Undergrad: 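Just downloaded a structure that has amprenavir in it.
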Protein chains: 2
Amino acid sequence: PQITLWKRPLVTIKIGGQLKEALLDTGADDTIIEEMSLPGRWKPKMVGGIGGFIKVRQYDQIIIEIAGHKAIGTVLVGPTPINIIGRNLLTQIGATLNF
Amino acid sequence: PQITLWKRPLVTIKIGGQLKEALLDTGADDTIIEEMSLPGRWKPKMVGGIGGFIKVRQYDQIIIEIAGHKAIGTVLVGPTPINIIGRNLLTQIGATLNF
Ligand SMILES: CC(C)CN(C[C@@H](O)[C@H](Cc1ccccc1)NC(=O)O[C@H]1CCOC1)S(=O)(=O)c1ccc(N)cc1
């Protein structure tokens, strides 16, 4: 699709067999989702945003369905105001910005 | 142009007669620029994201040239770690997210 930006670019994602809403965020380097249980071991990671840094849990090789497109990669879990799909996954689905 | 997301989508902008580098951010509702002097009255506002909230000054009807494209709208000025071009101005230049 071609998504205009008059409204927040929200899509449905499927992760852990659950359906969730997420923001397509070109300004986020990584993908961060709200607290949920994911499989595997995690590593610590410091993530910087508008108000400073936070501590999140990094899970690798996670299967995630983004607006019907399947992707497999790194997902961070932590206290985010909204589920964000960052560049790491946007590239996997071949998303670009055009103007 | 067609911007791939392997790297951060930075562009050159012109605001208040100064040249700055900024992030084309679909996850940002509004544009936020690092501390600078702008003409006009302004209203204080609080903006939040990852890491909490920052206090900014809201300037209205500011003209900004985004990669050679002139646009007009609200600009928030404050202690942001990076200059962000949000949806309020991306729409004006006809930017879309495609996949
Ligand atoms: C958190 C989302 C919902 C909103 N933010 C936009 C996001 O694109 C934000 C942009 C940014 C990049 C680098 C440093 C600081 C900020 N990236 C972000 O947090 O990157 C983290 C998450 C994964 O990788 C690192 S915002 O900055 O809080 C914001 C809020 C309101 C306005 N009007 C403008 C901006």
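Chain naming here is simple, since letters A, B, ... match the order of the sequence lines and numbering starts at 1 in each. First listed ligand is number 1; within each ligand, the first listed atom is number 1.
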Undergrad: Determine the main partner chain of amprenavir by heavy-atom contacts under 4.5 Å and name it as in the PDB entry.
TA: Protease
Undergrad: Can you tell me which other chains reach within 4.0 Å of amprenavir? Heavy atoms only, strictly under.
TA: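 Under 4.0 Å by non-hydrogen atoms: A, B.
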Undergrad: Nearest protein heavy atom to atom 4 (C) of amprenavir, by residue and atom, and its distance?
TA: B/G27 O, 3.5 Å
Undergrad: Can you name the atoms of amprenavir, numbered from 1 with element, that are less than 4.0 Å from a heavy atom of A/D29?
TA: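 Numbered from 1, amprenavir contributes 24 (O).
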Undergrad: Do any nitrogen or oxygen atoms of B/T31 lie less than 3.5 angstrom from nitrogen or oxygen atoms of amprenavir?
TA: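 There is no such contact.
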Undergrad: So which bit of B/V47 gets within less than 4.0 Å of amprenavir, heavy atoms only: side chain, backbone, both or neither?
TA: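 Answer for B/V47: side chain.
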Undergrad: Write down the organism the PDB entry assigns to chain A.
TA: Human immunodeficiency virus 1
Undergrad: Please report which non-hydrogen protein atom sits nearest to atom 20 (O) of amprenavir, along with the residue it belongs to and the distance in Å to one decimal place.
TA: A/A28 CA, 3.7 Å
Undergrad: Against heavy atoms of A/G49, which atoms of amprenavir measure under 4.0 Å?
TA: 15 (C), 19 (O)
Undergrad: Take atom 12 (C) of amprenavir and look for protein heavy atoms under 4.0 Å from it; say yes if you find one, no if not.
TA: yes
Undergrad: Looking only at protein heavy atoms, identify the closest one to atom 14 (C) of amprenavir and say how far it is in Å.
TA: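 The protein heavy atom lying closest is B/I82 CG2, 3.7 Å.
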Undergrad: At a 4.0 Å threshold, what atoms of amprenavir neighbour a non-hydrogen atom of A/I50?
TA: 15 (C), 16 (C), 27 (O), 28 (O)
Undergrad: Specify the protein heavy atom at minimum distance from atom 21 (C) of amprenavir: its residue, its atom name, and the distance to 0.1 Å.
TA: A/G48 O, 3.6 Å
Undergrad: Can you tell me the protein heavy atom closest to atom 6 (C) of amprenavir and the distance?
TA: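 Here the closest protein heavy atom is B/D25 OD2, 3.4 Å.
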Undergrad: Counting each atom of amprenavir from 1 as listed, which ones have a heavy atom of B/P81 under 4.0 Å away?
TA: 14 (C), 15 (C)
Undergrad: Which amprenavir atoms, with their elements, are less than 4.0 angstrom from a heavy-atom of A/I84?
TA: 1 (C)
Undergrad: What atoms of amprenavir come closer than 4.0 angstrom to any heavy atom of A/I32?
TA: 22 (C), 23 (C)
Undergrad: What's the shortest distance from atom 33 (N) of amprenavir to any protein heavy atom, and which residue and atom give it?
TA: B/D30 N, 3.2 Å
Undergrad: I'm trying to map the binding site of amprenavir - which residues have a heavy atom under 4.0 Å from it?
TA: A/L23, A/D25, A/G27, A/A28, A/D29, A/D30, A/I32, A/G48, A/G49, A/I50, A/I82, A/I84, B/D25, B/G27, B/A28, B/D30, B/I32, B/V47, B/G48, B/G49, B/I50, B/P81, B/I82, B/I84
Undergrad: Report every pair formed by an N or O atom of amprenavir and a protein N or O atom separated by less than 3.5 Å, giving atom names and the distance to 0.1 Å.
TA:
| unit_1 | atom_1 | unit_2 | atom_2 | d |
| --- | --- | --- | --- | --- |
| amprenavir | 8 (O) | A/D25 | OD1 | 2.6 |
| amprenavir | 8 (O) | A/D25 | OD2 | 3.1 |
| amprenavir | 8 (O) | B/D25 | OD1 | 2.9 |
| amprenavir | 8 (O) | B/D25 | OD2 | 2.6 |
| amprenavir | 17 (N) | A/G27 | O | 3.3 |
| amprenavir | 24 (O) | A/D29 | N | 3.3 |
| amprenavir | 24 (O) | A/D30 | N | 3.3 |
| amprenavir | 33 (N) | B/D30 | N | 3.2 |
| amprenavir | 33 (N) | B/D30 | O | 3.3 |

